Each structure stands twice: as structure tokens, then as C-alpha cells.
**Student:** 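Our group is looking at a structure that contains cycloguanil; some questions.
Chain letters follow the order of the sequence lines: the first is A, the second B, and so on. The residues of chain A that appear here are 1-516 by the PDB entry count, in order. Residue numbering for chain B follows the PDB entry; the residues present correspond to positions 3-518, in that order. No hydrogens, no waters, no symmetry mates; every other heavy atom, side chains included, goes into these values. Both counts, for ligands and for their atoms, begin at 1 and track the order of listing.
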Amino acid sequence: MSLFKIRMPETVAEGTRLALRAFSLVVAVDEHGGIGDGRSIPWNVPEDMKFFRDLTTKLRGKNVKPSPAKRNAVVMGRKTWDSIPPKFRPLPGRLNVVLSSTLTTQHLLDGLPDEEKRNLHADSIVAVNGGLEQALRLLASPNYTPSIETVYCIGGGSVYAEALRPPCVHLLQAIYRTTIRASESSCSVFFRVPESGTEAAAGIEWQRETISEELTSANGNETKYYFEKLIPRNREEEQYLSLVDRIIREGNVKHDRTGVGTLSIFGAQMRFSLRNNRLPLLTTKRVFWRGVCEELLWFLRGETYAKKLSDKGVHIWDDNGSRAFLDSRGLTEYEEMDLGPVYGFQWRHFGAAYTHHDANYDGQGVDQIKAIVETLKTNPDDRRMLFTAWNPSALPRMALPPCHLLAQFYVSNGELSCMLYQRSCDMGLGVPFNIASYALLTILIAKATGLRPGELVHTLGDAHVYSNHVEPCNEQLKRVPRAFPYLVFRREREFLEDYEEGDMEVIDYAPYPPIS
Amino acid sequence: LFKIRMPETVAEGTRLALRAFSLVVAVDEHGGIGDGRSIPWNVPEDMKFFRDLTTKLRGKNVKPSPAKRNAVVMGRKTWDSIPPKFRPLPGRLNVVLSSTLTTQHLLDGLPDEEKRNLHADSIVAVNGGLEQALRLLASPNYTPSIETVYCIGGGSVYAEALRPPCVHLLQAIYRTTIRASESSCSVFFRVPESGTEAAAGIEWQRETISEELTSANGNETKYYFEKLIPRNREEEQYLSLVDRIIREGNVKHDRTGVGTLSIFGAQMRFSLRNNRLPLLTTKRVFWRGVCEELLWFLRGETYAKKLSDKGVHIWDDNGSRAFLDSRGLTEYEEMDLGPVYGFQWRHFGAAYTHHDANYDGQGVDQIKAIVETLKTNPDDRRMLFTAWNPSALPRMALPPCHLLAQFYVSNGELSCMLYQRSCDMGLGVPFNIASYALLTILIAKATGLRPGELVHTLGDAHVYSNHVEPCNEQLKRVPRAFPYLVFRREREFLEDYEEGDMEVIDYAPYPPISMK
Ligand SMILES: NC(=O)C1=CN([C@@H]2O[C@H](COP(=O)(O)OP(=O)(O)OC[C@H]3O[C@@H](n4cnc5c(N)ncnc54)[C@H](OP(=O)(O)O)[C@@H]3O)[C@@H](O)[C@H]2O)C=CC1
Ligand SMILES: NC(=O)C1=CN([C@@H]2O[C@H](COP(=O)(O)OP(=O)(O)OC[C@H]3O[C@@H](n4cnc5c(N)ncnc54)[C@H](OP(=O)(O)O)[C@@H]3O)[C@@H](O)[C@H]2O)C=CC1
Ligand SMILES: CC1(C)N=C(N)N=C(N)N1c1ccc(Cl)cc1
Ligand SMILES: CC1(C)N=C(N)N=C(N)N1c1ccc(Cl)cc1
């Protein structure tokens, strides 16, 4: 359509490029915090060693063994790489990234005992002339992201130091620390977690997710040790968990005509950071992001024919798209799964006359989306940049009124912010989905106007919890939220409407398992 | 037929149960009101203070007439204490609580008949306690004619005012403490402590406390004043948001050079229960304008001359032959704004020619439909109306600032959520909280429901650059208790309601900002 469509700008890829890849950290220390006796660890512990081996090699989803197209990487200082017997070098099943200003990828290769091995481990060994940051940077490249599932900082006194301070600390998703109660090993380097509220912690609040019971090693000195997984507390996801909990403890009970019950409160707001490629996909329960992605893209394109979603295996619109339901809405003239002028149609053709989904609508009605894209690039402080699908005229003609019916954009310091207005909000499955959807829209719109993603604000109206969801939503409440993942684009397009779900990839999403 | 008919529960939805009052009292360093047998301390300054506060009216120009005067409530014992030759307290309605004395009884106790008749109007007895007295001053005879009620005494009455239900109605407490040389007392005055059950959620705070004064009564009596008020967290919601904006907002500049400090996304809640009217107290809100424009809105009016003809020129700038022409609205008579606000509320989508046309029946009447769903299916999650119509903004003098509102019904109370895109914290927001509270209250009256809560959601919240100094001044004032809204008479239809049908009682805002 070209002119009917919104042409992505040249900076399209400039304000969304992953600058630094997210990672985790594995480490062992003594009761005093020591980590290494200068070049060695005077305390090799069987259990801890197997743990490091398992943690760093295994992938999310059991039954999938590492391979060259999907594996984990480890980043280590040169002195650490040097402390590994050349015979066990490199650590198998992972991409070994070494920090060195004296050794090149080639040199590390030379170090391996024979040629054969040097060739057999060629794609598993690369040097980086820089510290952690330049390594995390190298990793974010198209070649390693999403290729490398998880990056693990396996250590080195200087790497751990770079990792625990801005900027690399803002990407540290988890800290796995093994504490061995050594009989005496007072080393040199102390590994310490910045305490909450101090300047060092840089605003981050590290809280345990899990702590193991004190254990006894099968080694020679029955050494005692324990494990701990530490994560950067997530206030953002907590807003959500707090609101669900309040609805369950204080919400009002209501049963509709169907006998469908719900607990609910009225009026609420949430904030979600969208900077540096941050996607707020909730962690205490996996979110259907492919479903989320396909539908948002479905929106911006002005679609109304749900079959396109159900063909790509997304069935969120079947119930409300059937013949039976449509007939109950008086839309007996609509093809099955032809919802009418809903969501997207009102976004790109407000007030246009609707007939059937396959008709030509180009140039019809007010294309709100195309004007907001144009105003942001010429008058970013305009206070009237908002779209609505809430059209009282077209409403009866719709399969049903839109739940997320209003959105507004704000600009400050080149950062695109978006406010959302959801009249009805199902906390259990609806709200998380909607948070992902609008987060995506702000990113895609940001990329189209030459701005950086900022924040997503969410205004809830009637936000409920189904009765049939109270218990499972209670189980979930137990879990403490983990760090959010990030989304990257593997390719850009010429027009906003051209983006496909595959063009982007969600990296480092470690959501808790399905509630039992 | 086009107008919204009021139900017969119209008056019951907002009947003023108890009228709001204040309490004046004197105590010694132990909290001794007196030895139950007359206050042993005549501290002249206190007497003139008492006389001044309880007699004068806010209108620093009106004299106490039976049509507009202050009331004074006291127990029989306190009324006896008043020298017969000085009964009743002149210039104030004397309200006496007694289970034996009668309106005629009190009267006869006064000597000469000349005053026994000139004061039949300023004396009245109530056979019951304080709670009954406030319920009696809430009748149409006293509210709003009585500008303010003053519980002036009796240990039994003070105790009642300090406990529910009467406390929830106490606007303030004036307490003078005397350095008592005589401890001859027995009953102690005590303001419930913050957080204790006795305080019933109310947190009493000092607005003012004087320095130690010395009476010219020849005894060197040391004494001091106090003005305690119920903490108004709700207005502090607004005071805080302004502080935050002024303190950390994004300074932007219009294309005309006009400056603003801003933040995007905020929310505020306001209780509309029991005739509570959330009119900020830190700066007087023009209620006569609010009320008239809202009414103007409900009627679906599009002609501002009708509002300017009532001393409300808020739309005179956008009603200019000049402004209008810029908008290309060349064929619009002056002051004809086009299909804005009200028009989209009652006629969404109708084609607009001139404010003269008859629109009855045209477009969608969002208000009607809500009022109906409200009385038959109060749980429906689609009770919201919008003024944001992209196909018709270009024909509007201006696009709506407060563009969307939704309703929610719980326990028979009506709540409302307002969405305002641009928000002038300096003048609009305060005005807009007023309007939508009024709107919510009237909607309740129209649907046999009780006013619940008003939720205010903001988009671009800003403080105009040249308002910093004034707002900073206002921020120094501790918010006072919100006033109450009442209704002298009712109506057969909602479009019929006139500004003079409701009265705003007990509104004691702080004086104008000394903007030198
Ligand atoms: N308890 C535990 O879990 C662990 C303990 N250890 C212990 O720690 C000690 C090793 O720590 P340490 O001596 O700090 O060694 P490291 O393993 O951190 O190696 C440091 C080396 O990494 C390189 N490097 C680091 N930062 C940069 C940078 N910004 N730019 C370029 N190169 C960089 C340099 O290589 P180059 O010299 O080539 O320029 C450098 O000398 C040992 O005693 C080991 O046993 C190690 C890992 C884990
Ligand atoms: N220092 C100060 O600031 C003040 C000092 N005082 C002094 O304190 C003393 C007040 O006496 P105290 O007994 O505490 O209180 P009151 O003066 O309130 O006298 C109580 C009397 O008020 C009436 N009353 C109270 N509650 C009810 C009710 N629910 N229904 C009907 N009638 C009711 C009764 O009249 P009845 O017996 O006829 O039924 C009752 O005996 C006085 O001596 C007065 O001078 C008073 C005010 C202020
Ligand atoms: C096994 C050990 C000591 N334990 C932990 N927790 N973390 C590490 N990074 N380790 C480690 C792994 C490999 C190398 Cl080369 C050095 C230390
Ligand atoms: C003047 C005095 C003592 N002082 C205060 N602060 N409050 C009262 N209510 N007073 C009072 C007024 C009238 C009567 Cl009859 C009794 C006490």
C-alpha cells in the first residue's frame, strides 16, 4: 500500500539494537567471601562442581541437549581459562568466551594439546579483547542472540567485579553462589553482593529465591556448604501480584447471567519500564507471546478476520468468532470469524463503513495510527496523540466492544511512553497478555518514529479474578518474580505492517513452571 | 421522551443524614473542661475568641440574620451556665440538648418579654443528643441557611462529638488551654490518638498552635490556642502530585513559548459518600462554573454563550470569531463550539450543522444507555462514554481534555473513573474533580444508587511554568476537610436540574494566593 502504510524510518534498527546481553553468575566462596587462592581454589567440592557443570550446560526444557545452534555460553577471565587443565579445555557443551588482552581466539586454540582437537573445538572457543561488558556486547550480536540461550559469568576476580557494578549489573538476571565452610583458605578476593539501599547496589535489591539446607560433601573432609540463587527483586511484576492478592482478599463478588463468578475492584494503574530492550512478560506464569505478537501485528494492520490468527494456530478469537456467537450478536451477515470493525479496524479506519473483512478499506475512515506516527516525528509534545477503538456508532456492528479501547503516547528525552485504558481486565490470563501487547506496540511505534521505548502505564477499570481462578492464582502468588526478559529484532521492514512474529525474538525468559 | 426521567428514590439517594459541625472548647493542662458546675476560669481573650469564631460568618461582609447565621449546640447544663440576663447567645441559633426542657421552657427562663419574643427565633430545644441535633440541623430549614455549627459544650456532648457517628462529621476542633491555678474539674477532653481504634481511622492534626499568650485579666494567666483538623489524605494525593511534578517534571515549551513541567500517568481516588464533595481546600474552586458547565454538558449543549451569559466565561477564548475561523469553522456563529463534549455524550456521531438544530434522537445517547444498564444490569462492564470521536474533532472548536469516563457498581454505590488526557494541575484538575463528582452524584440519583467513589486517571499532567511560585505557596497549606453537597429540591428529569437546586455547605477553603 506504501502510502496507506507507515514507512519505517532509517533509524528503524538504531533505537532497539541490543547493546548488552543479559546473564547469570555462578561462583563459590568461603564463609568469609574469599573466592580464590590467587590462581587456584584450594577447595574443590564434588557437589558444587557437578552443580556448576549442570547449571551452565543444561537448557530450559529438559530433553534438549546442547548443540551449535542452541547452547549456553560462559565468560571467563584469562587467568581462569588458564586454570583449566588443557585436557578438559574447553568446557564441553558450551560456548567458551575468554576475556584477554594478550590472547587471540587463535592463540587459545594453539594451547589445546593437538590440532584435531583444535579443529573440533573451533566453533566453541572465542577470545574478546575487553572485559565483561565488551563480551556481553559481542554476545548480543545476531550471531549469538538468540543462539546462546543463557550467558553465565563463570568467574575471575576481575570479571565478578565488572559484573556486580553498573553497567553490567543491570543485566545480571541471577546470582548462583555456593558457600563452602572451608577449614582454612582465607584467600585474597572477596565476592560481595551489594546490599539493598546502598550506592553500590545501584537501586537493585538482591533477594534470595532459594537457599539450600546446609549440606555435607562426600569429599575427604565432610566439608559443609549450601547454595543460594539470588535475583534482582522485581517491583514491577509485584505491582501485578499485589493487585491480584487485593482483589482476592477484598474484591467484590459477582455472578453474571451465565452464573460466571468474579471478584473485582475498580480503578488501578501499573508502570512497566521498556528501556534497553526490556519486555515485561510476567515470570510467575508463562505468557503466550506468539499469540500476543501475532494479534498485535494483526491489529496495526487493520484486520478483522480472526481466521488469520486461528490459521497461524492462535485461537484466542474462535469463541467470539464462531457462527453461534456471531448469531447471538445479530451479526448473521458476517462470515464465521469475521468480527466486524473491531480493534484494529477502528485503529486504522475510524468511522469507516464496514461490510465484510475482505473488502478494500484503504483510505477509509480516520487512520489514527498513521497520524500518531507523524505527530511524534514533528511535534513530540503534542498532547492529543491517542487512539481509540471505542466507537459507539460501530459498536453494535462489532463481535464485542474492545477491552483495551484507548491508548496515549508521551514523549520526553527521546523516549516513547504509552498509557493504556482497559475497561475490563481479567487478571489471570488477560492482563499479562495485554501488558505484552501494548509493550510491543510502544516498541514497534517507537522504532517507526525515531524514538527509544520508554514506559508502559496501564489503567485498569473493572479488573477481576475468576472464581475458577482463585486457587491457582493463589498458588502463583507464592512465587517471587524473577527478572524480566528482553526482545530483539533479527530483521527490520520497510513498513510497520510488514513485521512478522518471526522477525523478533524473546531472549532470557525464565518463567516459573505450570502451576500444579 | 429524549430526556432522562428521575426515579422516585431520587431524593433518598443523597439525603443529608447529619449536618457537619465544629467544636470549641477550653481546658487546663490536664484536660479539665470545668468542675461540671461551671467553668472556674474567665480568660477574656478566650471569650472574645469564642464569641468571634462562633458568631462571625465566612463572608467577611454579612451580618448574622436568621436567614444566614451560625448555630451553637450545647447541653442543658451549659445553657443554664449562661446568665439568664445573657440568654440566648446573641446572633447565633441557640440549640440546647435536654430531655426535660422545651423550646418554650428555655424561653420563659429569660426575664422581660421584649426579648422573650425577639428571641423565639434564635432559640430551639432538641430532646436527644448531639447526633439528633446534627440530624435536625440537616433538615431543609437549617441547611444551608446555617453557615456553620459549633458544639460549644457539655462534657456529655464533647464525648459524643469525639466518637462515631458524629466524629466523621467534625470539621475541626478549636482548643484553648489555660494554666489553671485551680484544678477544680472532673471531666477531661481528649482527642483520639492517631491509629487507635477510638480514632476510627481519623488522624487529628494541628493546623495552628499559637505562642504562649498572657491575658490582660490581672492574673497573668498563661494560655494558648489550637486548631486541629481531620487529615485529608485525598487532597494530599493532589498536593503530592503537584510537588512531584514541580520537583521532577519534564520542562517543555509550547510552540508559542508557553512553559510546563510534566509527568505522564497518575491516578487519584475521591470518596463521594454521604454527601461528601471533594472540592480542594488549599485553593477555592469555582463551583458555580463547574456545576453550570456540567449541567451544560448533560444537556448536550454546544453553545457557550449560554454559559458566558451566566458569568462563566471559561469558553470565551475558544468561542471567538477568531479562534473559530482558524479552525476553519467559518460558518459557526460566534460562541458555537461545534459538536464537543455534551453533544458527543448525548448525540455521539450525529452530523453537526449549527447549535440551533434539534438533535433530539440523533447519534448515540451514551448517557441514556448507561442510566438504563445501571438500573437493570449494574455489573455490565461496558458502562463508559467517550467524547473522543476522531471523525468529528475537526469540527470541534477544541478536542475534549477529559474525554472518557466509566462506571462501576458495588454494594449499590456508584463509582466513576474519569480519563483526562491533558491536565492543568493549576486550575483544571481541581475543577474537573469537582465536575465528575457532581456528574457521578447526579447519575446515582438518576439510577437509584448511592454515590460511591470517583477515580481520576491522568495523562499529561502539567504545571504551567509561571505557576511554580504560587503552587509552591499552596503546597504549604495542610488540606482541610472536604465540604458536602446537598439538594434543596429535585427534578422530574436530569436535563432539568439547575445550579440553584444544590447547595455546597461547609466549604472553608484557604484565602487567595498572595501572588503579589
Ligand atoms: N570460587 C570461584 O567460584 C572462582 C574462583 N576463581 C579464582 O579466582 C582467581 C582468578 O581470578 P583473577 O586472577 O582475577 O583472574 P581472572 O580469571 O579474572 O582473569 C583476569 C584476566 O582476564 C582478563 N581481563 C579482565 N578484565 C579485562 C579487561 N577489562 N580487558 C581485558 N582483559 C581483561 C585479563 O587477561 P590478560 O591477562 O590476558 O590481559 C586478565 O589478566 C583464581 O585463584 C581462581 O582459582 C575463579 C573463578 C571462580
Ligand atoms: N471550659 C469549657 O470550655 C466548658 C465548660 N463547660 C462546663 O461544663 C459543665 C458541662 O456539664 P456536663 O454534665 O459535662 O454536660 P452538659 O452541659 O452537656 O450537660 C449535660 C446535660 O445535657 C443534656 N443531654 C446530654 N446528652 C443528652 C441526650 N443524649 N439527650 C438529651 N439530653 C442530653 C441533659 O439535659 P437534661 O438533664 O435536661 O436531660 C444533660 O443532663 C458545665 O458546668 C459548663 O459550665 C461547658 C462547656 C465548655
Ligand atoms: C565449580 C566452581 C568453583 N563453582 C562455582 N559455583 N562457580 C564456578 N564458576 N566454579 C568454577 C567453574 C569453572 C572454573 Cl574454570 C572455575 C570455577
Ligand atoms: C468561652 C469558652 C470557655 N471557651 C471555649 N474555648 N469554648 C467554649 N465552648 N467556651 C464556652 C462558651 C460558652 C459556654 Cl456557655 C461555655 C463555654
**Student:** Which ligand numbers or chain letters correspond to cycloguanil, including copies?
**Tutor:**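 It sits at ligands 3 and 4.
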**Student:** Which macromolecule makes the most contacts with cycloguanil (ligand 3) here, by its name in UniProt?
**Tutor:**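 Most heavy-atom pairs under 4.5 Å are with Bifunctional dihydrofolate reductase-thymidylate synthase.
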**Student:** If you measure heavy-atom distances to cycloguanil (ligand 3), which other chains fall under 4.0 Å?
**Tutor:**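 The other chains with a heavy atom that near are A.
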**Student:** So, is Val26(A) polar-close to cycloguanil (ligand 3), with some N/O to N/O distance under 3.5 Å?
**Tutor:**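 Yes; the residue has a nitrogen or oxygen that sits under 3.5 Å from a nitrogen or oxygen of the ligand.
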**Student:** Any nitrogen or oxygen of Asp48(A) lying under 3.5 Å from a nitrogen or oxygen in cycloguanil (ligand 3)? Just yes or no.
**Tutor:**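 Looking only at distances, the answer is yes, because the N/O contact criterion of under 3.5 Å is met.
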**Student:** Going by the order shown, which atoms of cycloguanil (ligand 3) are within less than 4.0 Å of some heavy atom of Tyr160(A)?
**Tutor:**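 Here the atoms of cycloguanil (ligand 3) in question are 9 (N).
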**Student:** Give the residues of chain A annotated by UniProt as dUMP-binding that have any non-hydrogen atom less than 4.0 Å from cycloguanil (ligand 3).
**Tutor:**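 A heavy atom under 4.0 Å occurs in no UniProt residue.
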**Student:** Considering heavy atoms of the protein only, find what lies nearest to atom 17 (C) of cycloguanil (ligand 3) and give residue, atom and distance to 0.1 Å.
**Tutor:**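 Among all protein heavy atoms, the one nearest atom 17 (C) of cycloguanil (ligand 3) is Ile41(A) CD1, 4.0 Å.
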**Student:** Among protein heavy atoms, which sits nearest to atom 9 (N) of cycloguanil (ligand 3), and what does the distance come to when rounded to 0.1 Å?
**Tutor:**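 Checked against all protein heavy atoms, atom 9 (N) of cycloguanil (ligand 3) sits closest to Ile154(A) O, 2.8 Å.
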**Student:** Under a 4.0 angstrom heavy-atom cut-off, which atoms of cycloguanil (ligand 3) come close to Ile84(A)?
**Tutor:**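 Answer, ordered by atom number: 15 (Cl).
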**Student:** So which bit of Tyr225(A) gets within less than 4.0 Å of cycloguanil (ligand 3), heavy atoms only: side chain, backbone, both or neither?
**Tutor:**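 Neither part.
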**Student:** Source organism for chain A according to the entry?
**Tutor:**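 Source per PDB: Trypanosoma cruzi.
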**Student:** Which heavy atom of the protein is the closest neighbour of atom 10 (N) of cycloguanil (ligand 3), given with residue, atom name and distance?
**Tutor:**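 Protein heavy atom at minimum distance: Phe52(A) CD1, 3.9 Å.
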**Student:** Which UniProt domain in chain A is home to the majority of contacts with cycloguanil (ligand 3)?
**Tutor:**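 Per UniProt, it's dhfr.
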**Student:** Counting each atom of cycloguanil (ligand 3) from 1 as listed, which ones have a heavy atom of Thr80(A) under 4.0 Å away?
**Tutor:**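 Here the atoms of cycloguanil (ligand 3) in question are 15 (Cl).
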**Student:** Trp43(A): heavy atom below 4.0 Å from cycloguanil (ligand 3), yes or no?
**Tutor:**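 Heavy atoms of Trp43(A) never come under 4.0 Å of cycloguanil (ligand 3).
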**Student:** Less than 3.5 Å between some nitrogen or oxygen of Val27(A) and one of cycloguanil (ligand 3), yes or no?
**Tutor:**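 For cycloguanil (ligand 3), there is an N or O atom that lies under 3.5 Å from one belonging to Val27(A).
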**Student:** Does cycloguanil (ligand 3) approach any residue of chain A that UniProt lists for substrate binding closer than 4.0 Å (heavy atoms), and which?
**Tutor:**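 Within heavy-atom range of cycloguanil (ligand 3), the UniProt set gives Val26(A), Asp48(A), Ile154(A), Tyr160(A), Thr178(A).
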**Student:** Working on a figure here: which residues of other chains come under 4.0 Å of cycloguanil (ligand 3) (heavy-atom distance)?
**Tutor:**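 The heavy-atom site around cycloguanil (ligand 3) is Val26(A), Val27(A), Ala28(A), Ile41(A), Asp48(A), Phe52(A), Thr80(A), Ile84(A), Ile154(A), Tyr160(A), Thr178(A).
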